[PDB]
Participant: 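Today's structure: one with bortezomib.
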Amino acid sequence: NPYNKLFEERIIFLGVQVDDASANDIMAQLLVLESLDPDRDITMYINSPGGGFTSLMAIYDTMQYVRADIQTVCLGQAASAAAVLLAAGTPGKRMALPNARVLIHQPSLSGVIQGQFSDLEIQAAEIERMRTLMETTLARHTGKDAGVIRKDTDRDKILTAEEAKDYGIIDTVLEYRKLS
Amino acid sequence: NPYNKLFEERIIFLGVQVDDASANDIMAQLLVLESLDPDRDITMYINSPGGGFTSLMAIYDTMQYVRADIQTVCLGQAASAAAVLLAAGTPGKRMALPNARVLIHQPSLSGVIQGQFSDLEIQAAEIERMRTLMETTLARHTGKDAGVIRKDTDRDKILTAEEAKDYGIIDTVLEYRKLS
Amino acid sequence: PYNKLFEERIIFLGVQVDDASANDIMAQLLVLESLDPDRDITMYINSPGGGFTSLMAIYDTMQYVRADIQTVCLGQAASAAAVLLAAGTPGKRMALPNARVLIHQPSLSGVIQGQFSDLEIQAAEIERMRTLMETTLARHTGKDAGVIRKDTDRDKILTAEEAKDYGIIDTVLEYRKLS
Amino acid sequence: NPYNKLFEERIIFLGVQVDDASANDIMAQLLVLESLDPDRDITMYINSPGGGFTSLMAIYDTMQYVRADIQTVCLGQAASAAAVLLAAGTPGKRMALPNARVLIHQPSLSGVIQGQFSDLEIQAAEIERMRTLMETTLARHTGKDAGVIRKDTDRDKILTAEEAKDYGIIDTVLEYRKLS
Amino acid sequence: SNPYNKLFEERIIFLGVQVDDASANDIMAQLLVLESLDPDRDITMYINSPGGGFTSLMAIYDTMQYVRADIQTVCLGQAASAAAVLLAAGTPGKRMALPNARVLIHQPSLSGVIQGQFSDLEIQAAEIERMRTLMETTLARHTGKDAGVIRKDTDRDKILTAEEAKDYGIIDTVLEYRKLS
Amino acid sequence: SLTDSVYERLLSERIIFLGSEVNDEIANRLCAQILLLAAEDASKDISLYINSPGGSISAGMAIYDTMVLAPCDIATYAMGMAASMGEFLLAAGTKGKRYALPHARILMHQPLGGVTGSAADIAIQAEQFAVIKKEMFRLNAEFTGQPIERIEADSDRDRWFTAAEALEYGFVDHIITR
Amino acid sequence: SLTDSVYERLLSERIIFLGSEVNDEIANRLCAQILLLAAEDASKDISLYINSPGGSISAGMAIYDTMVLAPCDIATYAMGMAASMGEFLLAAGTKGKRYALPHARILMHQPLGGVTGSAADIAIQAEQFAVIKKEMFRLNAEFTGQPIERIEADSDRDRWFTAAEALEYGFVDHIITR
Amino acid sequence: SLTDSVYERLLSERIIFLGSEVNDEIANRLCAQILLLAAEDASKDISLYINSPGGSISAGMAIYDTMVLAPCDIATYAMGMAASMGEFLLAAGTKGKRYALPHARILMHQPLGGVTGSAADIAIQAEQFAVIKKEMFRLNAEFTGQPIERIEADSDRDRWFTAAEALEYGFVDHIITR
Amino acid sequence: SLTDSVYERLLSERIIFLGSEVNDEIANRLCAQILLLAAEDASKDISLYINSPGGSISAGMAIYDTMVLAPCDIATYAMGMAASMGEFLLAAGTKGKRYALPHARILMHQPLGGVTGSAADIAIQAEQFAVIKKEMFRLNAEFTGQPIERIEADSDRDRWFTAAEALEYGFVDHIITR
Ligand SMILES: CC(C)C[C@H](NC(=O)[C@H](Cc1ccccc1)NC(=O)c1cnccn1)B(O)O
Ligand SMILES: CC(C)C[C@H](NC(=O)[C@H](Cc1ccccc1)NC(=O)c1cnccn1)B(O)O
Ligand SMILES: CC(C)C[C@H](NC(=O)[C@H](Cc1ccccc1)NC(=O)c1cnccn1)B(O)O
Ligand SMILES: CC(C)C[C@H](NC(=O)[C@H](Cc1ccccc1)NC(=O)c1cnccn1)B(O)O
Ligand SMILES: CC(C)C[C@H](NC(=O)[C@H](Cc1ccccc1)NC(=O)c1cnccn1)B(O)O
Ligand SMILES: CC(C)C[C@H](NC(=O)[C@H](Cc1ccccc1)NC(=O)c1cnccn1)B(O)O
Ligand SMILES: CC(C)C[C@H](NC(=O)[C@H](Cc1ccccc1)NC(=O)c1cnccn1)B(O)O
Ligand SMILES: CC(C)C[C@H](NC(=O)[C@H](Cc1ccccc1)NC(=O)c1cnccn1)B(O)O
Ligand SMILES: CC(C)C[C@H](NC(=O)[C@H](Cc1ccccc1)NC(=O)c1cnccn1)B(O)O
């Protein structure tokens, strides 16, 4: 496959909705490439709409765990969890294509989860723990103050790649090799 | 596959919802790796939302049966059934990534099961036998007193990895090999 | 990993006992009879059961083969699967210590309609299925079938340590490492 | 596959619902084994719930056509068409396992077929032609008088294997090779 | 190798399923390959089909009439609607059927309602009469009947036993068993 | 309601409507209306206007028996469509009092049904379908005055009639044009 | 309504209708109507016209018990169809007052049901199905005057009757033709 | 309506109907009717005719409490079917005034329910199912006069009664045959 | 209707029913009935009979505010089931006039809800769930006379009461037995 040629040249590929199926694939891909060459950089292509916080922090911790530096590249979209994974690459790395759409926003619940108010006090203490962790993670990777991340991810914050570089999500906007 | 490279280096991979399909795979993976090297440690990666008690205790008994010590590693989530399997690893082992979400809670019935009150007296004596077994299992693996497990798993108890180490679910929070 | 288990003569029940699963296990039981008729077939059971003719298809085949059947309950042997768990050879029939053996009388999944002469026969069959399930689970447990009828009146969940006292299994399987 | 090892030793396998897909497979299996060894007996394993009359008489005519004698073996169930195919084996053959369930009953229409009363006069003359053919077929293979077959298949007639031998469906109840 | 591949190696195409655009396209591919392999050795056609589809019928029909190889049609358990026309479409001196085969001839139908203006439906009815007349013309030069007899007989479902599909001209011989059993 | 109020005021003028598919609910309504109107005046005609796509045989046989056993003459009126049981109950009116409106269409066809169940059940259903179809054809032969062989031949598939063709065939006695 | 208004005016003339499937809602309606009409005049007949495809045994046993315990004579009228519980409640009318309209059809067949649940539940359901079927056959033997062996034999599958065949068999006492 | 009009006229004659599944809507209707009829005449009997397949425990306990606290004697009538809560409210009638129609069937069985939620919720539901089943058996033991051990044994699965068997068992006091 | 006619006649006798789930439609009906009955006679008691599985907090707070601000004393009656908002509005009756029928069951449990939306929305919902649960527990502590710590402890999961246990706990003031 063309994906197998990318993985042979150490490019993991996010591509799809970050869920339990997609996170488990990427962590398997990150650890194999750590075992093949622990000193050669893994490249991560991100065209994902995000979603899923434990699937985020499964991918996030694994790409922070491996000895190989992660070169994240945003393709067309890094929305929600995928924008956190985009900032999760190594400093001096974390490219994005010039018309990529970085979308940061606070965690949500997809649909209503029912329960007693003691059950919902805990599902809300968790979604604030998920929110604070999403803002703490996106602060040491962007250089922001977490409180700025909280004010900015209050709503959907769509970043163009040229202003995701100013935000600290990425470090360089990826110049084209041919003008075309 | 990248999963085949993980299994070649003796890493079983939970990954998905613990059900009859997923438990049967992991038990097949645990016994093959016992037959290949009974003295070399099986590593278990857990990114599961849990569910299923007999599928839990199928995986649980098999990873306790094999001569190989089980190194459980929580990836992004170990939520009930999977958090019991996370504590089910060998002491001196049982890692978790720093943003893993350990979720312990008492057994439930997914949906309503109907019947006569003599049928439901038995489905409730079983869900208390399932509850007591889940608290007895999570007591000799965490060092708690089962009554503390019963008071704590009364509701959803979400543990961060740093406080799942204090709880006894895991033994060390897994430091990153590169800072990134 | 299933092929490595089958190479070492371990059939694997695993799923809901139906016409698809019974036909697989009978194919697996007869191949292993042809490979080594004197070496024991091991049967791993993690099934929720269901299906009586799929039960008695697996049951008769594991009784037919010359190889002794070592049944091992993994996490669950329910309905038809607990009968298959007792269907192993005496001196065999292990179960893991937190296995859940569930014996109960046969049921009809959903309503089957018909005239009362049609339903007199579907009920004479579900009593023939019930009596056969209690007769089968009596010569494999050493009980008196009437005790099986009183015990499988409702769901009887057995822990592995009390499925050994019941006669479903013969030994509760000790762990090789403490861990 | 284990089925391929059975077919290599000349065992066709009914297994599933007798329909147009299953009948076409068995007729392909019966003719290949006629071409391989026309003098060595084809064994037919039957665990089917039956159904389908033209799929029955497709299998029935083919296992009567081939030069190889057909050894039918009922596994757990020979219901409806399956029980006619069970009786369709060669005399001196037609085994059944001791807890097999032979179920003979008259043909039915699965669901309602609509139409004018001239259309339904023909769909009923056919279901009586199907009924008479099912009773004529099950008379020269059981030694009954067809009128006895009509009185017995008036309703569902479930036969135990020991009383399907007395009925003439099978010729011997298959003794176990090991007691176990 | 599948058992179907062993049948196709010995030049047996196999109808088997509902005659539709998927099944007709397979059989025409099978008929032309076997024409290219041996154009002088007979293709055998096994028919256990419930029929259906008129352009899928006449796709199979024209191809088994086109090929130089004589077609030996064999009805297995059922030849209904389009499949009974394909059963009669074999070569004379051929066209077997098993003794309990069910040959079902009936006039073309529309599966479900097709809507439209009455000028649209005048044409969908002139076509279903063109389909009916073609089904009766085709089943007349292969059965020796007079098309008007075919029209009177396929007015309703006409189920033929194989012994009376031979008297009807659908098949030419009822296939005797090689062993009594 | 409004529609029930107009029907009630025409029930007072002894005008009842078979205006839908003849099922048991519409039949028991009409049978109740014919019993109610025959109890009020046993000598005045009941006008049954039929705009019906047909319906159940036994539902229309309930209406037909209530039409016959009413001492009133049931004047029937083909109004737009008298198909199946609608043509039956149209032709079931009092002789001399079966009317077709000039653009009503009459559909005589053999009864529809469905066979299901076991082959012994279907052998009984077809035995009863032959009984129902013979009596439905016998009554259409009695109503129209046609032979039962012509009724069986014409009502083999859908046999449509205009108001003029139904007058010649015998379903109606007059085509009213006012 | 209109349909309720015609039924109410026939309720005033002591004419009630079993015009649908005998479920508990129609049975409790008829049981209420028989109790209401037996309270008004305890000596005038109640005319129960039956256009029914059958229904629940216990619903029709509610009607049958209300028919018997009413001091009124319940004249029953087979109107189009009296299948299952409809034939039962038809034959359950007062002797001498069970009528078939001349084209009503009578369907006597053994009760339908469904078994479900565990094998100890089904053994109770079939024990009770044998009780229901024996008492349903005993009452059809009492109504028709046929032996219970003939009722059990004929009502094994669907056994259809015309109005003339039901008169010979014993479901009705007269075929009214007015 | 018609059905509501016949029920209203029997409400005027102090005859109420438990004619469906005992849910909260039918229970609050009957509880309102018993409160309405006990307010009109506090000394005349209320006739509760029961054609019921059972229903909610708490809905039927609302009816049972309204039956007991009414100063009227609630005459109950097993009409066709008194199953589950229907048998309970039948046997809950005034002693001497619990009637079975001769072909009514009585179904005494232990309550149905459903467990759901977490294991601490189910431990509460089963604690409450043991409370409900003990009090349901205590009251059926009080009504029928049977021991609570016999009520618990017989009402373990479906235990069907005819009218004669329910008279011996104690659900009804008379089998009325008029 | 019939059911509306019996409820209207008990509305004339100042008896209203909370007989279903407390949603806004039933609450606005009861709030309208309490406002209507307090306008007719401002000194006669309103009898609120409660057969309720609980319901919306704000719907039952509408009823509770209409109960308090009515100059009438709202006598509440646990009839079969007073769960959730049903137990709340039962215990919300006038002190001395909160009644349990002897087999009514009382279910006190903490409120159910659902969180959804973004984490800033859920932080507001949980802030408001803590406000609702504190005020629901404060009022159940005010009604029953129990401490708010005992109300919070007992109403953590489902806490069932019989009529005698609810009398000891404080939901009702009397168990009426007439
Ligand atoms: C920046 C990220 C963390 C924000 C968005 N992710 C989430 O909030 C996701 C969306 C989601 C998925 C399933 C169920 C509920 C909610 N949050 C979660 O994964 C989640 C899971 N359990 C509880 C609470 N939140 B995004 O990735 O869509
Ligand atoms: C460690 C224990 C608590 C495992 C937990 N899982 C459960 O609670 C699951 C949820 C479930 C799944 C299927 C059917 C019914 C209930 N418990 C069970 O597997 C289960 C199965 N049968 C009866 C009772 N509980 B957790 O949520 O993963
Ligand atoms: C060990 C024995 C009792 C197996 C039991 N199996 C059953 O109850 C199953 C459940 C079922 C499945 C499909 C259709 C109807 C019913 N029993 C049967 O297989 C069955 C099949 N046909 C008629 C009657 N029972 B198990 O559920 O206890
Ligand atoms: C051996 C005899 C009793 C066949 C039995 N089943 C049937 O009668 C089957 C069931 C069925 C399937 C499809 C459509 C209608 C009916 N009969 C037929 O195959 C069939 C097909 N077309 C018309 C009439 N009957 B049994 O289930 O195999
Ligand atoms: C041998 C001839 C008559 C084949 C007959 N086939 C048909 O009746 C089929 C049924 C059908 C399928 C799809 C769409 C519409 C109608 N006739 C046709 O293929 C067809 C297709 N388009 C227009 C009209 N008829 B068979 O059913 O008798
Ligand atoms: C009137 C006759 C000649 C033609 C048609 N009538 C019938 O055959 C009706 C059509 C219908 C209506 C409702 C439900 C099912 C079927 N068929 C019957 O009532 C019927 C069918 N089979 C046996 C007994 N009665 B027409 O009314 O559509
Ligand atoms: C009247 C008798 C002889 C024949 C038929 N009656 C029944 O068996 C009907 C079947 C039915 C009807 C409506 C809803 C559900 C079930 N009686 C019953 O309700 C029934 C069914 N099984 C056991 C006891 N009673 B008929 O009414 O269809
Ligand atoms: C009266 C008793 C002994 C027998 C049966 N009762 C019940 O099972 C009914 C079941 C039901 C019925 C209708 C709506 C909701 C629930 N009992 C209950 O309401 C119930 C169920 N679980 C817990 C507490 N009460 B009856 O309804 O068949
Ligand atoms: C009433 C108190 C004592 C406890 C329970 N409350 C609730 O379940 C109800 C749930 C409900 C019920 C019906 C319609 C809408 C919402 N609580 C609420 O109304 C509610 C829910 N979320 C926020 C604020 N109020 B009970 O009603 O089940």
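Order of the sequence lines sets the chain letters (A, B, ...), proteins ahead of strands, with each chain counted from 1. Whatever order the structure lists ligands and atoms in, that order sets their numbers, starting from 1. Only a slice of the deposited entry appears, and the contacts counted are all within that slice. Computation of the quantities below employed the complete heavy-atom set of this structure, encompassing side-chain atoms and omitting hydrogens, waters and symmetry-equivalent molecules.
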Participant: Report the positions of bortezomib in this structure by ligand number or chain letter.
Facilitator: ligands 1, 2, 3, 4, 5, 6, 7, 8 and 9
Participant: Under the nomenclature of UniProt, which macromolecule has the greatest contact count with bortezomib (ligand 9)?
Facilitator: ATP-dependent Clp protease proteolytic subunit 1
Participant: Which other polymer chains sit within a heavy-atom distance below 4.0 Å of bortezomib (ligand 9)?
Facilitator: A, I
Participant: What residues, by chain and number, sit within 4.0 Å of bortezomib (ligand 9) when only non-hydrogen atoms are counted?
Facilitator: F117(A), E21(I), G54(I), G55(I), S56(I), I57(I), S84(I), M85(I), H109(I), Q110(I), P111(I), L112(I), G113(I), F129(I), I132(I), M136(I)
Participant: Can you identify the UniProt active-site residue of chain I nearest to bortezomib (ligand 9) and give the heavy-atom distance to 1 Å?
Facilitator: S84(I), 1 Å
Participant: With heavy-atom distances below 4.0 Å as the criterion, list the atoms of bortezomib (ligand 9) near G54(I).
Facilitator: 27 (O)
Participant: Taking only heavy atoms of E21(I), which atoms of bortezomib (ligand 9) are found under 4.0 Å from at least one of them?
Facilitator: 12 (C), 13 (C)
Participant: For bortezomib (ligand 9), which atoms sit closer than 4.0 Å to a heavy atom of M85(I)?
Facilitator: 1 (C), 27 (O)
Participant: How is chain A named in this PDB entry?
Facilitator: ATP-dependent Clp protease proteolytic subunit 2
Participant: I want to know if bortezomib (ligand 9) touches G55(I) in the polar sense, i.e. an N/O pair below 3.5 angstrom.
Facilitator: yes
Participant: May I ask you to check whether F129(I) has an N/O atom sitting below 3.5 Å from an N/O atom of bortezomib (ligand 9)?
Facilitator: no
Participant: If you have a sec, work out which protein heavy atom is nearest atom 4 (C) of bortezomib (ligand 9) and how many Å separate them, to one decimal?
Facilitator: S84(I) OG, 2.8 Å
Participant: Would you mind running through bortezomib (ligand 9) and noting each atom that sits below 4.0 Å from a heavy atom of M136(I)?
Facilitator: 2 (C), 3 (C)
Participant: Would you check whether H109(I) has a nitrogen or oxygen atom less than 3.5 angstrom from a nitrogen or oxygen atom of bortezomib (ligand 9)?
Facilitator: yes
Participant: If you measure every N/O of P111(I) against every N/O of bortezomib (ligand 9), is any gap under 3.5 Å?
Facilitator: no
Participant: Which protein heavy atom lies closest to atom 14 (C) of bortezomib (ligand 9), and at what distance to 0.1 Å?
Facilitator: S56(I) CB, 3.8 Å
